[PDB]
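Here, residue 1 is the first one in the sequence, and each next residue gets the next number. Heavy atoms only: backbone and side chains are in, while hydrogens, waters and symmetry mates are out. Whatever order the structure lists ligands and atoms in, that order sets their numbers, starting from 1.
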Amino acid sequence: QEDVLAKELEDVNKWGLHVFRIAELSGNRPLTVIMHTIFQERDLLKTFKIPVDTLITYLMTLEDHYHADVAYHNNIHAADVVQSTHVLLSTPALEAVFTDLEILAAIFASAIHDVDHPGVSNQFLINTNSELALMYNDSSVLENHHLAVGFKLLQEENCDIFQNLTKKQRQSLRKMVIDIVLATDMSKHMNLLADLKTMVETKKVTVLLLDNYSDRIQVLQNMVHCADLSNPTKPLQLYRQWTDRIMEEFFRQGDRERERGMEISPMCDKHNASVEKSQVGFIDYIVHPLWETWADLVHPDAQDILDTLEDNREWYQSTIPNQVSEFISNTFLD
Ligand SMILES: O=C(O)Cc1ccc(Cc2cc(-c3cccc(Cl)c3)nc(C(F)(F)F)c2)cc1
Ligand SMILES: [Mg+2]
Ligand SMILES: [Zn+2]
Ligand SMILES: [Zn+2]
């Protein structure tokens with residue numbers, strides 16, 4: 001079993017890693033094994049003096065607080081986002097741009113970015129006056145929760161993977177991670193994109209040049225957001241699994257809404273769905289504009305990704321046998 005898992009992990013630097021296969025092979029520990037592998041590849045254990053047993057212990061704990069019963073926002077998604085971020089960080093256009101701390105921050109942010117997700121949206125949690133929305137005053141509810149849990153777990157037995165950073169490194173890392181995970185709130189998408197556009201419009205090269213924290217963090221925020229929205233850019237056999245999972249999760253939310261006598265949210269009604277037209281819309285209004293801008297920023301490194309995305313769009317379009325627009329307006333605008 002171990003041998004086969006090792007063969008699959010050889011694709012860790014490649015877009016299109018077989019993450020589901022890794023999940024089955026690892027006993028449903030894709031986050032732990034992927035993070036460990038990445039930490040080895042990038043030499044982050046040596047650089048930040050992270051004892052290996054402490055890493056494994058934190059990763060297993062973090063993984064356990066992802067909900068296996070949630071079809072999309074689970075540990076497999078977290079592993080995917082981590083690995084996608086890891087690839088993006090290695091793009092030629094960003095060679096030697098980020099420090100090791102900034103690299104650690106982006107990867108860690110990716111690992112924790114949806115931890116303890118309950119399988120329902122911010123808007124559902126607000127509309128039901130949930131405990132979470134009450135705790136966080138209706139703003140970036142889940143994202144604030146992912147951060148609090150992700151950090152709190154460092155305090156469990158033998159979990160403090162940052163015990164040998166300096167006080168200043170710990171503060172800087174904490175701040176970057178917060179900035180990154182809060183930018184994963186989907187309602188911030190337009191603002192992020194506008195900023196990313198501006199950065200492209202004024203980019204300097206020699207490889208990209210980034211003079212200040214503000215510019216660097218912005219790129220990391222967009223990078224992890226791209227990773228979060230990367231499913232339609234993946235080989236189609238992966239994409240389609242992600243699509244089935246997110247629709248399952250949406251339909252379960254709609255069943256909860258139905259049982260409570262609420263209006264069923266867009267995309268959440270299993271009795272009235274258009275899976276294929278909705279993906280086309282998702283790509284045209286959100287994913288393609290974002291990734292076309294990321295591709296400009298890193299031109300020409302992301303060309304294959306863009307091409308796959310455009311092929312994947314045609315496929316969903318070719319398999320077609322108000323809701324999309326309502327979902328977009330409610331999800332991706334501030
Ligand atoms: O954060 C939130 O408030 C809710 C929310 C926003 C973004 C996502 C990601 C996602 C979204 C979609 C999708 C499906 C139908 C329509 C549209 Cl517009 C997008 N699809 C996929 C795909 F790629 F995995 F299939 C993934 C999941 C939840
Ligand atoms: Mg999230
Ligand atoms: Zn716990
Ligand atoms: Zn996510």
> State what ligand 1 is bound to in this structure, picking the chain with most contacts and naming it per UniProt.
3',5'-cyclic-AMP phosphodiesterase 4D
> For ligand 1, what drug is listed?
BPN14770
> State which residues lie within 4.0 Å of BPN14770, judged on heavy atoms.
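The site of BPN14770, heavy atoms only, is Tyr72, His73, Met186, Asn231, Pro232, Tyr239, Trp242, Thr243, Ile246, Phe250, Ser278, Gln279, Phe282, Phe327, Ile328, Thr331.
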> Considering only heavy atoms of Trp242, which atoms of BPN14770 have at least one such atom less than 4.0 Å away?
24 (F)
> By smallest heavy-atom separation, which active-site residue listed in UniProt for chain A is closest to BPN14770, and how many Å (rounded to 1 Å)?
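In chain A, the nearest UniProt active-site residue by heavy atoms is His73, 4 Å.
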> Please list, in number order, the atoms of BPN14770 under 4.0 Å from a heavy atom of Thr331.
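So the answer, numbered in order with elements, is 2 (C), 3 (O), 4 (C), 6 (C).
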> Please list, in number order, the atoms of BPN14770 under 4.0 Å from a heavy atom of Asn231.
22 (C), 23 (F), 24 (F), 26 (C)
> Could you say whether the N/O atoms of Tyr72 and BPN14770 ever approach to under 3.5 Å?
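Checking BPN14770 against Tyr72, no N or O pair falls under 3.5 Å apart.
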> Which UniProt 3',5'-cyclic AMP-binding residues in chain A pass a heavy-atom distance cut-off of 4.0 Å to BPN14770?
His73, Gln279, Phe282
> Report the UniProt domain in chain A where most residues contacting BPN14770 lie.
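Most of them fall in UniProt domain PDEase.
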